[PDB]
Every structure is written in C-alpha cells, then in structure tokens.
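Caption: JMB2002 together with Anti-Fab nanobody, bound form.
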Amino acid sequence: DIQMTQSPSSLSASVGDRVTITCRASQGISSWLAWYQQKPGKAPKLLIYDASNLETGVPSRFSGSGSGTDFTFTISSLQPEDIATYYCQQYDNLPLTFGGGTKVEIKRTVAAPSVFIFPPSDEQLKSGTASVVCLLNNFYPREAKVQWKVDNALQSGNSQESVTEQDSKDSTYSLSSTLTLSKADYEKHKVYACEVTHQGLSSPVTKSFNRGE
Amino acid sequence: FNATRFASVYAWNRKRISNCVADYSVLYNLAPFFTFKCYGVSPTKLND
Amino acid sequence: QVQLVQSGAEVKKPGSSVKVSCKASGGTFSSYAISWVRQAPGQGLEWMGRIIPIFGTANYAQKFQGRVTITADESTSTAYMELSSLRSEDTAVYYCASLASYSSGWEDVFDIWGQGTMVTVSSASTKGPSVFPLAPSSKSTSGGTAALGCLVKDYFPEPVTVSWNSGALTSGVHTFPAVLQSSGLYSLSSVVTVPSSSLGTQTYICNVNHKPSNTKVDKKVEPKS
Amino acid sequence: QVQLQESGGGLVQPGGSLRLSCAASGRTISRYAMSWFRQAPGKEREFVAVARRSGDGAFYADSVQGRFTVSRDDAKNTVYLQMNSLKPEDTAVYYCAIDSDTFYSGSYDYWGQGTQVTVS
Amino acid sequence: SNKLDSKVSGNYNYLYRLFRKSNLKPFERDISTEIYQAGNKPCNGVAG
C-alpha cells in the first residue's frame, strides 16, 4: 500500500519568518496529493488537494510544488496563532495514506521557569495513597529535569507527567511531574524535595518540605 | 491539456481563449497526445 | 449554509455494538455526502467509511470492513454508522464529515464537520469524581506569590470540566490534560496562583462538573503558616 | 567529568572581527549539544549560541543572532564562535558550556571555563 | 491515462452522468444530482 513520510518533523522560527516543508510518497506522481493544517484535537483546514492547486477561500499564505515522489509545501509567514502541525495527504488511489506530521512553532529568547512544589494533604493520606506534584511554569524548552529527591535521595520510576502546548500569547511552555506513593511508603520517609535546573537559570534550585512540619 | 483537473466528465471543465498565437503544429501534435483530429477542415489548413 | 449535528457522549463495554448519528441540515439533503473519522488524544487519524445518502452507495477501509456499517436516511435528515467489536483502543473523539467535493471540480476532500462525539470503551461504571485540596505553607512562598489547586480523580465517563466557579477570581488559573488510570478511571489537575496580598484571605474554591451526569463538585483550598 | 576550556579572545579594535576557540579532550563530544554564554562586567549570565549534530544551521540569542555565528567539530572536539564588527557593548567575559545531558533536547548550563574579550 | 491513473480495483473517482430526463443543449453543462425519473416520476431524495 501507499506510504509517505515528512521531513523535517518539526520547525521553529520567529514571528514573520519563512517556513517550508516537504513530503515524500512511495510512488512517483504529479497530482492527486493534498496538504492539511492541523492542531491537537482540532479540525484540519484544507489548503492543497492536487499538486499545486487550491480552491476559493484558500489564503495566498500557503503554496506547494514538486514532481515525482517529492513535493514541497511553503508558508509565506509565521505568527503565534499558527502553532499547529502541517500534514500531507494522498488520494491517487482509494487506500488514502496520511502524512507523519511536521510541528511548527515560535522561536523566542530563554525564559526561566517559575518553580514550585505541591505537598500532600491529610484527606489525601487517609485514602491510603500519597502523591506530590512538582511544577515548572512558563519555560521555553520542551523539558527540564524535574527530579524527585525524597530524603535528599533521587527517585525514579514512581511519577507521572503532564504537558501543555506552547502558549500563543507569549510562546512559552510549562511542565510538571506528579509523584505517587502509598501512605506506608510515604511515612517511611521524612523529607520531600524537588530540584530544578534550566538553561536560563543561574544555578540548580532545590525546594523541599518535611513530614514534621 | 496538462491540468487534468477534469477527472470526471460530469461537471467538466471549460476555458476561453483569445489574443495569442494558435500554433497547432505543436499543440495536439507532440508525442504525449495519442490521438488528434479536426472536423470540417484539415489541420494543415487550420495551421495558417 | 450547511451544518452537521452529532449526538452526545456514548460509552459501551468491550466487544459490543454501538449506533451513532450525524444529523445534516441546511440547503438540500440530497446534494450532500457524509463521511466518518476518528481522532484520538494524539494518535493519527482513522477513517471509517463513506456514504452518499441520496444514492445509497458506500465503501470502507480494509481495517473496518465487515465490522462497521453506515446507513443514512433523508427523511430523518441524519446519517448513521454501525460499529461492532468495540475495544479499549476505540476510546477517542469520533467525527462525522460532509464530502461536498464531488460535483463542482473539488474532488474527494471534506470541508465541513459536526461537533464531534467522544467515545470510550472500558469495564468501569459511571460515577462522580473524587476531589481533594492542598494546603501550601507560608514558608513555601516564592517571590512574594504562591499557588493553590485541586486534583480530580476517580470519575467516569468523560467529558469533564475542571475550573473555578466564576468571576475574575480565575486570575492566574492554569490546568493540564487528563490521564486514564489502569482501573478505568480518568483524572485531572488544576492550579491557581495568588500573591501574598490575597492568598488565604481570598478563600479560593475549585469546582468540577461531571456533565455526563451533570454532577457538580467543589472544594476549598487553604494555606497554612 | 565533562571538562571544557576556551582559547583566543583578548584585545581587538572596535568594528573588527575575531574568533573565539573552545576545545575538549578525553571524552566523546557528540552526545551533548555545545553552547555558549556571556557576562558583561558585573552583570548576570546570558546565553549566546549553541550548535547541534544535524547541521541544520544553528541557534542564537537575541543580542547575537544577527551578527554572530557558531560551529563545532565532532571528530576533533573543537568548537568555535565568530565575532563580527565588535562594539563597546560586547566587551565582556564569555563562557564555554556543555548542554550536559546525553542526547537531550533542552540544555543545562555546565560552563567549563571563560576568558575576556575587550574592544580597545 | 490508464498507465498512471488506475488502481487494481479502484478509480471510483471517475464519474459520468448515466441517466437524465432530457438531452443537454449544444456545449451545455449540467452539474445537478437529482434522482433520475427511472420509469416513475423522480422521487424526492428517497428510495422507491
């Protein structure tokens, strides 16, 4: 069956910068290939259906070209509202095959995270389960080490993480991790801590709390 | 000829033409075209 | 104008069969076509089938042939899809699409969807969330500001709205995506930031509404010193 | 440890160009992204530039993106940073640092050593 | 175009009008998709 790929898998540029991407397919063609603009959980917007062709209502901000097995797709300008993922689609034949995706986002100067930790409460412990959350707020890169340091000792394999997308208002990004434990394991230790280090930060940061207070 | 944006004869495509040369010795006569014909007058006469 | 209306949330046990709907409206029904698509929380798209209700012709993907069927009736002005052999992986947002691209030179690409129906397949049963607040300490303040929040646990099925009740009180509110427990129960997290001049005294209250049953749950967050 | 040090710099006339050199030995250089940092006299640290394996161009800070360029040599552990049309503003102490995390997307500021660059 | 525009059991996108109530005028085009009067009068979007 028809298979396709997109390269590169992600783009990052400042506001107003030029953007271009390419999509490769299994068989050489000169038409019947589409392009899409998609965001996490949102409806795609059609821009190209056939090689270098578009409908009424398609803005002049998008374009595409190519021949054979490789077709390019270019975007004249980028703005923060455009943080999305471009996709290529092909319908020369019925088994429609969809692209691997290319993320597009905004470049910016380094932003230092606002660090904070989230100690447990009594009602939580009465259920038999224990958990603690460590949060990084409004930092640029995709990830920064969020290390659990129970009793000043590093921990691994016992936490859950959640992620946000880039914020179009200021192009920042946030991250957090959630420790999980049982009340017995919770009370086996005495001191809880989380440590944060970051590109824009001056030195490693440690935040902690204790069972005795 | 080369647009091929008429995959279905239903809802076929139309175009209007004016103000050009119409050199039929090249048009409809290059290798890609498998068949070509004119009705009521030969292509040789239409060439001029 | 042309519009599509989809049903509400639907959930069923694994290995069952389910019926879904897509109500079409506007213009003339006979001139429209309907397609069905599935969208997970970040996995790639999946296309189920296609129908032309005016003429009754339909076709399918190889992955879903046999196990899925589409029927659409003009009199009820809605399109239907039949599903069978449901499994946990089907938990996603299910969309119906209109393929107007067949009669004006635009070919074989949609331009209109409905609102989308979230679906879930699990062995759990419907019930409300469990919520617990947290008590940050004064010694834990940072830069003269602190943050409070709540965690939402043990609710099923989705969708779920987690927020603070109303007003500008929502200043500095920030929420993160959901996760699914191995027991079949969903979860969520929320947080709000407050300066020194308003933390504690403002008496912040987090709220949750399990709209599949429209059950509202709220809780208070209190710092300590 | 991941030891790293600079070479070059010094005194140059304003408006000129000069090269700053940084090198390492005894360890693999590919598994980390190599970055640069800055500190004006008595001021806080500030990121400058960084280079990666793929060779898809580079990444720079706001104050240096439109004037400076960076490069690296994975087979010899030598990395370089270019200075063009120096100004009184850029008279500062620079640091050579490793994005000290294996095959990582982000970075962590492990500056190894620094040297002064000044405009006459 | 069969050399490059065909599928093993596909090419369903190629469409043409098989039935109509009356013949089209010279150089005329029709994009309507109403049910044909198959023996009986055209049914309004239904089976029959």
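Order of the sequence lines sets the chain letters (A, B, ...), proteins ahead of strands, with each chain counted from 1. Heads up: this isn't the whole entry, just a piece of it, and contacts are only counted within that piece. Heavy atoms only: backbone and side chains are in, while hydrogens, waters and symmetry mates are out.
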Location of JMB2002: chains A and C
Heavy-atom contacts under 4.5 Å with JMB2002 (chains A and C), by chain: B, D, E
For chain B, what name does the entry give? Spike glycoprotein
Could you tell me which organism the entry lists for chain D? Lama glama
Could you check which chain of JMB2002 (chains A and C) has the most heavy-atom pairs under 4.5 Å with chain D for me? chain A
Chain A, as named in the entry: JMB2002 Fab light chain
